[PDB]
Chemist: 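What we have here is oseltamivir carboxylate in complex with Neuraminidase.
Every chain is numbered from 1 and lettered A, B, ... according to where its sequence line falls, protein lines coming before strand lines. Structure method, as recorded: X-ray crystallography, 1.9 Å. What's counted below: heavy atoms across the whole structure, side chains too, no hydrogens, waters or symmetry copies. Just follow the structure's listing: the first ligand is 1, and inside any ligand the first atom is 1.
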Number of protein chains: 4
Amino acid sequence: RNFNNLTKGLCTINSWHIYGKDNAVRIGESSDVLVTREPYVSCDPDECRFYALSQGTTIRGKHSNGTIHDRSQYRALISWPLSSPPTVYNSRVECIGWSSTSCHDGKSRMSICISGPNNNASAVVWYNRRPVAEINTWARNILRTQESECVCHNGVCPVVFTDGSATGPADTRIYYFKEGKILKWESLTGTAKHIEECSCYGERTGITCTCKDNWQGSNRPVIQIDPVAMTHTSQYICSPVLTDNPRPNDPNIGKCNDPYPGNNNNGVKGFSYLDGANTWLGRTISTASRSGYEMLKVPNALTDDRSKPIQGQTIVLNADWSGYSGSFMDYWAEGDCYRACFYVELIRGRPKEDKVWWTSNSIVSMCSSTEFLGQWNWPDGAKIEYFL
Amino acid sequence: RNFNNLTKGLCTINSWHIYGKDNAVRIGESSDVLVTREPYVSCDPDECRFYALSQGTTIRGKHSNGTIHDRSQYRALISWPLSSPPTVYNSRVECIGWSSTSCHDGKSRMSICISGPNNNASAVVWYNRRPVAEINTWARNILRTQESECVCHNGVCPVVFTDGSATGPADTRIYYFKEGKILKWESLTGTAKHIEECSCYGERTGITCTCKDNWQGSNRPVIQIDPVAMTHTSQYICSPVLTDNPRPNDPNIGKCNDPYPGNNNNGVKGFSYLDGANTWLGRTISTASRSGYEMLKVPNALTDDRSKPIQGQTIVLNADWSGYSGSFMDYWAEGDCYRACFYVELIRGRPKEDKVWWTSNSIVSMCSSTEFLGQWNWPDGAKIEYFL
Amino acid sequence: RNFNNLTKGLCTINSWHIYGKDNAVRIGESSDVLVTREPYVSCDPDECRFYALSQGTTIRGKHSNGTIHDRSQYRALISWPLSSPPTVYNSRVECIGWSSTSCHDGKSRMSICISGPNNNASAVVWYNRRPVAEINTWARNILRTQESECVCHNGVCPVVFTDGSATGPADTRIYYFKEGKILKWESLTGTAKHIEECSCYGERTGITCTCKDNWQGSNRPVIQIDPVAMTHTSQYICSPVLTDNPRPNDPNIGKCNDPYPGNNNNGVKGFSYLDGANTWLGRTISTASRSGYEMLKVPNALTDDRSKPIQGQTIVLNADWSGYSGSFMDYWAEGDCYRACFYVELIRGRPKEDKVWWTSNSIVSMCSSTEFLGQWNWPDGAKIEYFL
Amino acid sequence: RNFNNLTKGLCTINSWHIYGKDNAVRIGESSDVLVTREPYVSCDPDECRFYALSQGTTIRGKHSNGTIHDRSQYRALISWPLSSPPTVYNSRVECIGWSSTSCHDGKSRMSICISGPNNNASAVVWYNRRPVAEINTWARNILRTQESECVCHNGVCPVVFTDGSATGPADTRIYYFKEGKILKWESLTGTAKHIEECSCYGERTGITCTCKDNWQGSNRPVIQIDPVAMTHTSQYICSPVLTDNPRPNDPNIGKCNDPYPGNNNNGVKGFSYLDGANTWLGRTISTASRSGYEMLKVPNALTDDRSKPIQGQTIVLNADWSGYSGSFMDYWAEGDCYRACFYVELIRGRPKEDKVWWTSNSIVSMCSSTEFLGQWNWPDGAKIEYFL
Ligand SMILES: *[C@@H]1O[C@H](CO)[C@@H](O[C@@H]2O[C@H](CO)[C@@H](O[C@@H]3O[C@H](CO[C@H]4O[C@H](CO[C@H]5O[C@H](CO)[C@@H](O)[C@H](O)[C@@H]5O)[C@@H](O)[C@H](O[C@H]5O[C@H](CO)[C@@H](O)[C@H](O)[C@@H]5O)[C@@H]4O)[C@@H](O)[C@H](O[C@H]4O[C@H](CO)[C@@H](O)[C@H](O)[C@@H]4O[C@H]4O[C@H](CO)[C@@H](O)[C@H](O)[C@@H]4O[C@H]4O[C@H](CO)[C@@H](O)[C@H](O)[C@@H]4O)[C@@H]3O)[C@H](O)[C@H]2NC(C)=O)[C@H](O)[C@H]1NC(C)=O
Ligand SMILES: *[C@@H]1O[C@H](CO)[C@@H](O[C@@H]2O[C@H](CO)[C@@H](O[C@@H]3O[C@H](CO[C@H]4O[C@H](CO[C@H]5O[C@H](CO)[C@@H](O)[C@H](O)[C@@H]5O)[C@@H](O)[C@H](O[C@H]5O[C@H](CO)[C@@H](O)[C@H](O)[C@@H]5O)[C@@H]4O)[C@@H](O)[C@H](O[C@H]4O[C@H](CO)[C@@H](O)[C@H](O)[C@@H]4O[C@H]4O[C@H](CO)[C@@H](O)[C@H](O)[C@@H]4O[C@H]4O[C@H](CO)[C@@H](O)[C@H](O)[C@@H]4O)[C@@H]3O)[C@H](O)[C@H]2NC(C)=O)[C@H](O)[C@H]1NC(C)=O
Ligand SMILES: *[C@@H]1O[C@H](CO)[C@@H](O[C@@H]2O[C@H](CO)[C@@H](O[C@@H]3O[C@H](CO[C@H]4O[C@H](CO[C@H]5O[C@H](CO)[C@@H](O)[C@H](O)[C@@H]5O)[C@@H](O)[C@H](O[C@H]5O[C@H](CO)[C@@H](O)[C@H](O)[C@@H]5O)[C@@H]4O)[C@@H](O)[C@H](O[C@H]4O[C@H](CO)[C@@H](O)[C@H](O)[C@@H]4O[C@H]4O[C@H](CO)[C@@H](O)[C@H](O)[C@@H]4O[C@H]4O[C@H](CO)[C@@H](O)[C@H](O)[C@@H]4O)[C@@H]3O)[C@H](O)[C@H]2NC(C)=O)[C@H](O)[C@H]1NC(C)=O
Ligand SMILES: *[C@@H]1O[C@H](CO)[C@@H](O[C@@H]2O[C@H](CO)[C@@H](O[C@@H]3O[C@H](CO[C@H]4O[C@H](CO[C@H]5O[C@H](CO)[C@@H](O)[C@H](O)[C@@H]5O)[C@@H](O)[C@H](O[C@H]5O[C@H](CO)[C@@H](O)[C@H](O)[C@@H]5O)[C@@H]4O)[C@@H](O)[C@H](O[C@H]4O[C@H](CO)[C@@H](O)[C@H](O)[C@@H]4O[C@H]4O[C@H](CO)[C@@H](O)[C@H](O)[C@@H]4O[C@H]4O[C@H](CO)[C@@H](O)[C@H](O)[C@@H]4O)[C@@H]3O)[C@H](O)[C@H]2NC(C)=O)[C@H](O)[C@H]1NC(C)=O
Ligand SMILES: CCC(CC)O[C@@H]1C=C(C(=O)O)C[C@H](N)[C@H]1NC(C)=O
Ligand SMILES: CCC(CC)O[C@@H]1C=C(C(=O)O)C[C@H](N)[C@H]1NC(C)=O
Ligand SMILES: CCC(CC)O[C@@H]1C=C(C(=O)O)C[C@H](N)[C@H]1NC(C)=O
Ligand SMILES: [Ca+2]
Ligand SMILES: [Ca+2]
Ligand SMILES: [Ca+2]
Ligand SMILES: [Ca+2]
């Protein structure tokens, strides 16, 4: 086995096709399905799997009561076979904690889980299913990381962490790991003013992360990482097509180097693929809440502060609940290009549906096609009333 | 690993022996068994498995209500170990959608799932568990495919698709795939006037598909495919032993090149083995509904419009519900001939049993023997009243 | 991989140690455990597993009602990991039917399942998980076989079948298989007057089967098979220590060549290890019913019509239900001798416990030790009242 | 594969990080989780797993009633994937019995289970999943062993057994196994006056076991084993930081060669890492009951009868139930040192929580870090009232 290198460009994205869907909430109405949130997808050279943070209880279990709570001792990063639901009997625990990332380097997988109280959290870095390195909180305020997969190049896997306020300046660091060991870390540089929950992907040009500014911005900050030099830059998506949630309406001039104003102290994890004319942005349809999901083709969105959509695709109707979204790719697929993929977390229960006492989600996932495929919509599909 | 070639003829069929049975509805009365329909069987070089379209809920789950519905976003092609039932915990998702086919080429498996609304459906072709190619609807009217396994020769795997009306002329295409990539496609030629849900098998003479004419015919159309030249012909089974359902009574002269009349806009997926004097046809016992199942030895059924049975075997009593049936073979078995096999879908619930609000099925499967074996009958075996 | 040869003698048996126990009925009170009966144990070169005939329902499932019934279409031979219970989610179906045997030859496993109505039953012989050969009923009266493992030598695996009356002379055949193919079969010869449900083991001297005479005898018939010459002899255990159930009290002179009288048209599957001074017999403690189980060291029991016990070990107290028992050995274990093993089926439910409507069992299993180990007793352990 | 040799020293322990946690009781409120107690953790060269003694019933099962009982015929040593809970469907049975140990030698795993009545118990030694050797009770009074992993060096795996009184002098033996075979055994020598439930680990200096004196001592006895010479010594931890439970308050002078007095006929399994200035002791926080858990850095605790803590870490709050604790290490990890690990059994139910009729546990586990990591606390997390 050799370390994977990012030698390909993105495939041309002309539409999106269904990749995976687990229908976890539907099935968990009458099966031993774990309560989760913060899901993602990540590939090994021989298999792609769903990932999420378990809450250490099933949905029908009485301990599902109170699972809106983010950071208990009963959480763990689990993985399970593609499009199966996360069950007690098929879920593999990768590490223990309430914030995570994970990625395969071509030889083995690195998984990182953070646990602890708000003022004393720590990250444990696992490699090849063994703990290798640990990182203590540096700002004593909820050390946290991506909640989707990291990306590796020739054994080097960069990860973005934040420690500090969610409603003001915080201390963001980019760590560079190899075989679980810390090669280097850097403080955040560039014009991004607040960074959380980065969604990353890699291609020949380097590693691109689309993150969330929770403090002031409804445009998304972007971190661009060179995994060879182990250096990075940051800014915002220049486009006036704003992609955080909640957010103001789309203006005609975006902001490249500062938060676009209107909504403070809020946001959702999201993603984009930034690739010149081949650029596609994901966002919730609603500007007010986590409902609906759509992809928009916005040429040069990263660098053009006037850029508007020229094509799109609805993924989830506005009538249906969405949630977190993030990027991943099968870096070990055949062919001459990397096929862009993403998942959308479909949150059910609290706070929006409070007849039940739990919060969970299911997953839908798409990858790009060079065809111009017809579109459908992909709801969670569970009837909340069945759980009453 | 090498691509499989179809180098053998069919084994002489003198009777049928039990191959597999999952008793899924019996077991699912008190286990986490997924609601399914449209099942089949398909072999890898090292394992044979059951396949079906899940409905994304268990039978005892409240979401089983309404599963007579064919095309929801909650369906997926799943596979599971031979004769086990399709459970939440043992089912492997092959792809997402509501119409499918799947086959192994000797090196890896190709699976195809179609999803979307009626006017905007698309097929995604997976190879070696990765998406490779996509096909958009060409007639904007429920793009659909075999619902049983495809067959490969030297890496080339033909698949029959239909897009268009189920009650009039439609647009049928034969696609030729290799490693998931589209080599070629052709429009339907020959005398078959309507094609749906082809059941296929391969042998030295080529690939033979027995399909369903949903429009006018109660005889079954046949497509014969040369996977080397990538060409095909079509006609109907000439025999007056009619094998669709519902159907008229058997006449003494069948039809080779046109639908045999009596029943319009209806039918069921079925199969046959067409091999000269070694020819066997499957059919429901009832001419009116999907009940019972029998095999009939009808010499030269394909080409002889006077041909009648000279031997038979009851598989399911007329008193018991049947459903879809299709062909498969273990192409990787030892010996000098390919042993013909088939499955029968045993549908339970709606529309025939409407005290329950669900529709599901179990599977029974047989393969041929050169012995003249005693016959039994093989009902689903569940008591519907237990579910009330 | 090479075919296994029987090159070793039996280890000296000085006591019996616990080998496996699944507690299936206890666990199945609140888990998806399949209803079974007729269990056994059999080893592969890399794993040993529990086997049994499923009834195609769980114990808590409503379809458990009526499972005293022996021969439904819903039965299958399943295998599952040693000492785990037979669950819906961990059980592997070997073949479909209501009477079975199975054994590994060193390269692959042969499994045989019989199905059909009483007058038209057939055996299907599977090898390396594929059907290879089939055998039609020859007496049209419940074709049936061992219900425990067969034994192989240099690829040749003999199996004992019976077709015909259970209450009079029947037609017993010994079949000799290699890679699932029929090499040869012989009609029963020797002085055994009725043969059912043979329990077999192999060692350098050949293959020894201890069976059940259901017609007239309460001593057990024995078949001795030479797997090289493919020939056999038969007689009864000469010892007056009678080992069938029900049975008369032990006399002081046994019978070598005829049924010992007292109980007609009844019996239970059992076993023995016949090895000169190293001879041990298994039996129920009760002479009237299937309760208790004990092993008795009876020197030269096979050939000495005066032989009595000189040592023993209680396995199951008379107060607890037992049932079928049979032999197996790990032929792939390290060392210079084959360690004798056996299982006892612990039947719960009907007919003896009729407050419940089901019949099932759990398994306990022992192997021999060269130590003189202390003895315990090994009940099923379920409380029947919990199921009411 | 080669036998593992203990060639490394312990990593410097500056804090403890979360390693694993299964949340078994939470999940088992609504899943098929087996009732357990006496858990531990042990690594293979390619995987680390949780181990425990099942009670042969699930928690929600009616047979959970009475599981405070220690030694039934329904117990077995099971193992299951790291941080998953012990379920009916994912648990692998290693052997049958009510007291156990297990360890991998680099080539294969040895597991030992003891079963029987109090006066006639026996150990069966399994190697590479086969029974190899057996040991009969020598004192006829509950033959028993470690309840956590053993340790191997160049194929030699020492195990500590005790047979005899729990409230007076007993007969302790150290056995030395290789490939499951008994190389040698010795009677206990040294100044330890009573030995139970040893927790062991290995490093270049040899094998160190921290045990429980159930008779008179609230300091812990220590056995130090040379696996090459196959010899041992024993004493107590000299430190006045007392680590049994229940126990007196900490004095200023401990005892090196005799039980520290105050509490008779009681105790709990525990552990320590004894490594000069790198020494850490585990203990319950409460002196009266099995509640809370803490690690204390006590330099030269083994040899210094005045030694006090200079650093510590809370693992479980005093408000939460703890239980057994023991040592293990991943001997096959990369790097230049062995990373010290431990687990704590979190007992729920009887006797402390008698509203329920069962006794079970969950597991939390930590390994050492060279960082000074922030601390959290790790409760079982189940709400007992949910089970009423
Ligand atoms: C079968 O499936 C297929 C495949 O999916 C279906 O075909 C798809 O249909 C969908 C729906 O129509 C399309 O998505 C929309 O795409 C448009 C972009 O394409 C249009 O505009 C292009 C750009 O034109 C401009 O520039 C060009 C330069 O070339 C110039 O020529 C032109 O004059 C103009 O200046 C056109 O090029 C394009 O034409 C082409 O395509 C046509 C087919 O689409 C074809 O007919 C033409 O011949 C030509 O080939 C086309 O006109 C997106 O703009 C749109 O997204 C907006 O609207 C949706 C609602 O539908 C909304 O949710 C989006 O967020 C977005 O609108 C918001 O944001 C805007 C940007 O800021 C803003 O301006 C809006 O006011 C709006 O903002 C409000 O809402 C948001 C969200 O809540 C909020 O945040 C704001 O604050 C504010 O409140 C859709 O993505 C697919 O592209 C199309 N795919 C294909 C391959 O055709 C087909 O329909 C299915 N068949 C059936 C029968 O069902
Ligand atoms: C133990 O198990 C064994 C093995 O399973 C059992 O043995 C089996 O028994 C079954 C049941 O009898 C047999 O199945 C039937 O087979 C017959 C065909 O064989 C008969 O006819 C042959 C052809 O004869 C003609 O041509 C020959 C040329 O050689 C000529 O010689 C002859 O005069 C005549 O012209 C004969 O060769 C054959 O004889 C041989 O076999 C005999 C044993 O079977 C033996 O005794 C002889 O010595 C000789 O060796 C034999 O006579 C099928 O015709 C039949 O299928 C029809 O009937 C069933 C109902 O049973 C029906 O469901 C079928 O659909 C079909 O009938 C419908 O279709 C016909 C064709 O259009 C039509 O003509 C009918 O009117 C009818 O149509 C109506 O119903 C359908 C369906 O609902 C509907 O669609 C229509 O519209 C309409 O309403 C059976 O398949 C097995 O072959 C046999 N197997 C073996 C190896 O023997 C055994 O019984 C078991 N033992 C016990 C104790 O239980
Ligand atoms: C800790 O665990 C250990 C290890 O398990 C326990 O030790 C074990 O204890 C058990 C129970 O006692 C023993 O099992 C019994 O073994 C005897 C056989 O051994 C006795 O007899 C031997 C033969 O003696 C004869 O020949 C010799 C020739 O050498 C001659 O010297 C002698 O005079 C006589 O002629 C003796 O050699 C042997 O002595 C040796 O062992 C002694 C210890 O056992 C020791 O003290 C001596 O010093 C010496 O070393 C010993 O005396 C079996 O006969 C017996 O089985 C019968 O009884 C049980 C009931 O207990 C019954 O279920 C059996 O079926 C059987 O009895 C039925 O069948 C008979 C044969 O037909 C018949 O004669 C009976 O009337 C009876 O028939 C009735 O019931 C049956 C069944 O329902 C029915 O079918 C009939 O129709 C009828 O109704 C036991 O198997 C173990 O051998 C022993 N193991 C060891 C290693 O010691 C220990 O107890 C445990 N410790 C504690 C504290 O619990
Ligand atoms: C974020 O997380 C971090 C990392 O976890 C947190 O930092 C940790 O904080 C905890 C809690 O405070 C610390 O654990 C305690 O450690 C002390 C030992 O360290 C103290 O003492 C050291 C020794 O000093 C002595 O010798 C030195 C020689 O150098 C000499 O200089 C000195 O004068 C004195 O003679 C000091 O070196 C050490 O100072 C260092 O560290 C300080 C930070 O801790 C720092 O500020 C200093 O600058 C310096 O660097 C420090 O003073 C343990 O003693 C203590 O354990 C005792 O207390 C707990 C209760 O808290 C109890 O449960 C323990 O069992 C134990 O006390 C019992 O046993 C004693 C021994 O017999 C006995 O004397 C006691 O009376 C008591 O006995 C009673 O209870 C027991 C149990 O029920 C019963 O059995 C008895 O019978 C009786 O009833 C703690 O383990 C960590 O070390 C510390 N870690 C780090 C890296 O700093 C941080 O707090 C978190 N942040 C936030 C905001 O939450
Ligand atoms: C703690 C900062 C951050 C922003 C408020 O919280 C998050 C928001 C989330 C959300 O907006 O859905 C859920 C997260 N799991 C969470 N992260 C952690 C570590 O708790
Ligand atoms: C849509 C045409 C066709 C004929 C009416 O429908 C089918 C009939 C079926 C049936 O007759 O049982 C069930 C099928 N799953 C279905 N195919 C799809 C794609 O919905
Ligand atoms: C039998 C002596 C010993 C000390 C009283 O008992 C133990 C105490 C235990 C306890 O204190 O929790 C539980 C154990 N599983 C047990 N060991 C056996 C073999 O029963
Ligand atoms: Ca924001
Ligand atoms: Ca038709
Ligand atoms: Ca008898
Ligand atoms: Ca003590």
Chemist: So, oseltamivir carboxylate - where exactly in the structure, counting duplicates?
Modeler: ligands 5, 6 and 7
Chemist: What are the letters of the other chains with a heavy atom below 4.0 Å from oseltamivir carboxylate (ligand 6)?
Modeler: B
Chemist: Which chain residues come within 4.0 Å of oseltamivir carboxylate (ligand 6), judged by heavy atoms?
Modeler: B:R37, B:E38, B:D70, B:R71, B:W98, B:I142, B:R144, B:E196, B:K212, B:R290, B:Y324
Chemist: Provide, to 0.1 Å, the distance between atom 20 (O) of oseltamivir carboxylate (ligand 6) and the closest protein heavy atom, together with that atom's residue and name.
Modeler: B:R71 NH1, 2.8 Å
Chemist: Could you tell me whether B:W98 and oseltamivir carboxylate (ligand 6) have an N or O pair separated by under 3.5 Å?
Modeler: no
Chemist: Could you tell me whether atom 6 (O) of oseltamivir carboxylate (ligand 6) has at least one protein heavy atom nearer than 4.0 Å?
Modeler: no
Chemist: May I ask you to identify the nearest protein heavy atom to atom 9 (C) of oseltamivir carboxylate (ligand 6), giving residue, atom name and distance to one decimal place in Å?
Modeler: B:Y324 OH, 2.9 Å
Chemist: What's the shortest distance from atom 2 (C) of oseltamivir carboxylate (ligand 6) to any protein heavy atom, and which residue and atom give it?
Modeler: B:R144 NE, 3.6 Å
Chemist: With respect to B:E197, determine whether any N or O atom, backbone or side chain, lies less than 3.5 Å from an N or O atom of oseltamivir carboxylate (ligand 6).
Modeler: no
Chemist: Just distances here: any N/O of B:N214 and N/O of oseltamivir carboxylate (ligand 6) closer than 3.5 Å?
Modeler: no
Chemist: Give, by number and name, the other ligands and ions lying under 4.0 Å from oseltamivir carboxylate (ligand 6).
Modeler: none
Chemist: Provide the number and element of each atom of oseltamivir carboxylate (ligand 6) under 4.0 Å from a heavy atom of B:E196.
Modeler: 3 (C), 4 (C)
Chemist: Which species is recorded as the source of chain B in this PDB entry?
Modeler: Influenza A virus
Chemist: Could you say whether the N/O atoms of B:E38 and oseltamivir carboxylate (ligand 6) ever approach to under 3.5 Å?
Modeler: yes
Chemist: If you measure every N or O of B:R37 against every N or O of oseltamivir carboxylate (ligand 6), does any of those distances drop under 3.5 Å?
Modeler: yes
